[PDB]
2 protein chains.
Amino acid sequence: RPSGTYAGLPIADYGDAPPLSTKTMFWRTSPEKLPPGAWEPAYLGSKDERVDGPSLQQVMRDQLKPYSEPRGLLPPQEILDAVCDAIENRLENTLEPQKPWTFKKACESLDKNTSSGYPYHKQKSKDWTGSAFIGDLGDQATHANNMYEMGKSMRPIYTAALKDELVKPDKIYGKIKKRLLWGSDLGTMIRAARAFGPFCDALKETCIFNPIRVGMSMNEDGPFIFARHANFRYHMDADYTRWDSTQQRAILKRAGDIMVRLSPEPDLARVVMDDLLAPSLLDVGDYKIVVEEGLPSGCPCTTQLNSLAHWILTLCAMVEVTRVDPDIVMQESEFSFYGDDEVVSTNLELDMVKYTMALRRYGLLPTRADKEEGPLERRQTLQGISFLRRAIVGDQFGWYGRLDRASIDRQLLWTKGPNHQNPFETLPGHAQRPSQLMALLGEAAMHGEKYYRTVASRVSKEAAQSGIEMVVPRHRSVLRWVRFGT
Amino acid sequence: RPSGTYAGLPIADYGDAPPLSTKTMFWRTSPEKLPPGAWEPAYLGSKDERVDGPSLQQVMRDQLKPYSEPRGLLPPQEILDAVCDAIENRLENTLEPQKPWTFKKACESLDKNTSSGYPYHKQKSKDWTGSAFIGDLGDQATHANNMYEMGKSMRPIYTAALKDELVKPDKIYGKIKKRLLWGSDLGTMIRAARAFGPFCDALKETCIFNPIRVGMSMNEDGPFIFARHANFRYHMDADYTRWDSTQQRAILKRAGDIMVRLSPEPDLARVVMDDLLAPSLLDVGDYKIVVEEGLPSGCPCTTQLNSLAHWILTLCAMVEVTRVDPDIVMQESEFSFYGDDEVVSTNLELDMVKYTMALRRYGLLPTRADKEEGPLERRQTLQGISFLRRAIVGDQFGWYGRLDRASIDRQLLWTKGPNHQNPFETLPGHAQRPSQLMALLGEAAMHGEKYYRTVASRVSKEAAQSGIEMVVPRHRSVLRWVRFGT
Ligand SMILES: O=c1[nH]cc(F)c(=O)[nH]1
Ligand SMILES: O=c1[nH]cc(F)c(=O)[nH]1
Ligand SMILES: [Mg+2]
Ligand SMILES: [Mg+2]
Ligand SMILES: [Mn+3]
Ligand SMILES: [Mn+3]
Ligand SMILES: [Mn+3]
Ligand SMILES: [Mn+3]
């Protein structure tokens, strides 16, 4: 056995995980000195020549703390039942009944350029023929499919990791922070995909009529989604600190319950869900620790499981404060969820102080989207609310999501390439970067003439020192392309 | 020459048109007695055994009166310039620039199961190979294309006709009324199609962002269109009596001006438009009369020319009453036009008495959508406004267009077939009618359980006495199909 405490959590066995990556995927696009207080790749550990800091492993201990924190309270049982049944019912009425996912289709759906997790820690492509897994992964997949078809429980193993992403300089040179990732094992992946693939697809095709926006296109779908939010009087942001680690399994189980009953094979899906939500085994390297609470984020369905819990919690707080039936608040409101990310629009007169408190009571840590210091605030125009890193703007033509210039400028300073030790290194000219460049041009168009021109230059210099030179379109032409599509 | 008065209008030459059709396309679906005061095919003339009435030709004289009526006043010149430039400008900003239509593409686009008009009065298919006109129509088309390519004027000839459609019983057994149709000549058709096809397609792809809804799908597009209308505070119907005959050519010319400047071949399009709006030659049979005013409705672009004039008139009245810039009222409002059919939604505080008057002054005859006795009224919910024979309903899921039951029941009493003299005759079982039947089932779904079931029966009896028997779906399944699509 072991057991055994690590990072505040019970040790369940010895670890098998590779060492945490000590490298970043991001290369500077230009050799010149970086704009002051500009974002950089997150901390890379001891071998990181930018600052001396703790080991990556100590950074991860830090990320594990909240998972041993005392859970918040459950919402009132009567309210929780009402909102669950309402959500479920709305889903019965909107989801197109789907036919069961095959083994072939589950394997196909998986991202082939990411790790297989426990036990082989292979990249998924290495054992993939184009249509089936063979070799080692062939074994893991096949065994899992057998367990799935025979409704037999199998215990999932997650591999912990630290997200390589651009962060504010503070999180590098001030108090060092780096976000925790859970990596599902391939077995669990295929098992969850077969079970819940059909439900997730059903949900994804309902991305505009139902509040879970997973699978949406900001450009094509945003204007209709935002127009719906604008039918209602009051609008609010809410951001959440540490969403994943503050979740209650009890609530996750209710989200899971809804997912089961709406799956085309409920008896087989129940075994899968029970395993997913059973106390979780997480491989930190030296050990596999037990993480009883919070969200286990490794799998294909996770982002929708997470959004569904979010839907439940928002309604519970709303119902609790307003005292209107969950079904009726859903006719007086429009919601958008994507993991921790919410926009609530309503006609109900919601007490924003009592709303914040009711959420805080559930164990959540709400903050405003770009404002700081709560309670949460409501506004009487959608104009300026934020969702998915975009500002919601609205004009003569309609609503849209606009990426702020700080973000555009940022994507022009850094490019994605092979893993390497020094962030500041330049590679050669990225002729894999004409697709990205068009989108960015498009993103800048929405900021008007003067800004567009200034990124048009930056884009052209880069298109020169590259194997493909570009027709840089006129402002009005690209604006028209971005806003009006298709 | 001639000249010569007929129906209050100058006679320009002798007619060449076939006699007015004395038959209807509508067959009863059932032999049994018709529900009291139910709609029937419009009057068929002397040979019509339902009632004794005037000849079809006297019915048409009646329809020609308003075209010799004194025109209403033009809107204030300054306002007309402002709104034209605004509309044009909005179109510059939204329309995707198009490439010129070829001869092949113009010929392709034309409806092949309708008459070629002057001079051959042939059905268009009779001289069509699948890719080109040959024979007589080959000559007419080719000559017209030459005139078009050489920017040479050619004078259009319209053939008058009377619409075969279902009407309220009053228009048969009370005061006899039958609607006038203008049939373009094939030459003019191809000339207008080459010239204005590109503009019409550009416009059609902008059907949600721009107020001209030609080409929209009620089912797919309605919910987004209606959600936009719902962003605004006040909503209104307006129906118009005799829209086409009360139009001013001067205003039609401004709509035409906008269409020209946004066409990819403006110099060639100008010749076409000038001909279209020049005093019109209309063949009533015995004579070709001159109709100086009103809308000439024969052609491919007509419905958009008509909607564009409508856009101009609405804004002119709105600007005139509110005194806000046309561009600004377009940021405080959402419009829908389809020929004579309008929904105006606004946040502006519009004086509905002064609005009605300003319209009446332009020569228009506004009435409420289903209310009678003006001024026009505004409502503070879109809920219940009508557009394109549909009621706009809105619920938990969103907005939609619902066809009223009187209309559904109606489509179940009558079916389309070959022309014949007695409306009341039944044909056999229509196994060309399973597509129509599904849609109707779908239309009825939106009226809830009890109604749906009652048309489910009516539909099944009919599907029995037919060469294809049908799986009649459960209510919730079809409702879900109708509302949520695709
Ligand atoms: O609200 C959020 N926005 C973006 C994120 F990456 C996240 O975790 N939460
Ligand atoms: O507003 C209208 N609705 C339907 C019609 F046929 C018409 O001409 N006008
Ligand atoms: Mg957040
Ligand atoms: Mg009308
Ligand atoms: Mn989608
Ligand atoms: Mn969708
Ligand atoms: Mn369209
Ligand atoms: Mn459109």
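By convention here, the chains are lettered A, B, ... following the listed order of sequence lines. Heads up, chain A uses the PDB entry numbers, so what you see runs 7-492. Following the PDB entry, chain B shows residues 7-492, kept in their order. Both ligands and their constituent atoms are indexed starting at 1 by order of listing. Recorded method for this deposit: X-ray crystallography, 2.6 Å.
For ligand 2, the chief contact partner in this model is given in the PDB entry as RNA dependent RNA polymerase.
The drug observed at ligand 2 carries the PDB name fluorouracil.
Other chains, heavy atom under 4.0 Å from fluorouracil (ligand 2): B.
Applying a cut-off of 4.0 Å to heavy atoms, one finds the binding site of fluorouracil (ligand 2) to be B:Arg185, B:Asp245, B:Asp346, B:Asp347, B:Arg395.
In this structure, the protein non-hydrogen atom closest to atom 4 (C) of fluorouracil (ligand 2) is B:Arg395 NE, 3.8 Å. Looking from atom 9 (N) of fluorouracil (ligand 2) to the surrounding protein, the closest heavy atom is B:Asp346 OD2, 2.4 Å.
At a cut-off of 4.0 Å, the other ligands and ions listed near fluorouracil (ligand 2) are ligand 4 (magnesium ion). For fluorouracil (ligand 2), the polar-atom distance check finds an N/O of B:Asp347 within less than 3.5 Å of one of the ligand's N/O atoms.
Within fluorouracil (ligand 2), the atoms closer than 4.0 Å to a non-hydrogen atom of B:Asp245 are 1 (O), numbered from 1 in the order shown.
Result for chain B: of the UniProt Mg(2+)-binding residues, fluorouracil (ligand 2) comes within 4.0 Å (heavy atoms) of B:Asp245, B:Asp347. In this PDB entry, the source organism listed for chain B is Murine norovirus 1.
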Between fluorouracil (ligand 2) and the protein, which N/O pairs fall short of 3.5 Å?
unit_1: fluorouracil (ligand 2); atom_1: 1 (O); unit_2: B:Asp245; atom_2: OD1; d: 3.2
unit_1: fluorouracil (ligand 2); atom_1: 1 (O); unit_2: B:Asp346; atom_2: OD2; d: 3.1
unit_1: fluorouracil (ligand 2); atom_1: 1 (O); unit_2: B:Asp347; atom_2: OD2; d: 2.6
unit_1: fluorouracil (ligand 2); atom_1: 3 (N); unit_2: B:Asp347; atom_2: OD2; d: 3.1
unit_1: fluorouracil (ligand 2); atom_1: 8 (O); unit_2: B:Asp346; atom_2: OD1; d: 3.2
unit_1: fluorouracil (ligand 2); atom_1: 8 (O); unit_2: B:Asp346; atom_2: OD2; d: 3.4
unit_1: fluorouracil (ligand 2); atom_1: 9 (N); unit_2: B:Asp346; atom_2: OD1; d: 2.6
unit_1: fluorouracil (ligand 2); atom_1: 9 (N); unit_2: B:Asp346; atom_2: OD2; d: 2.4

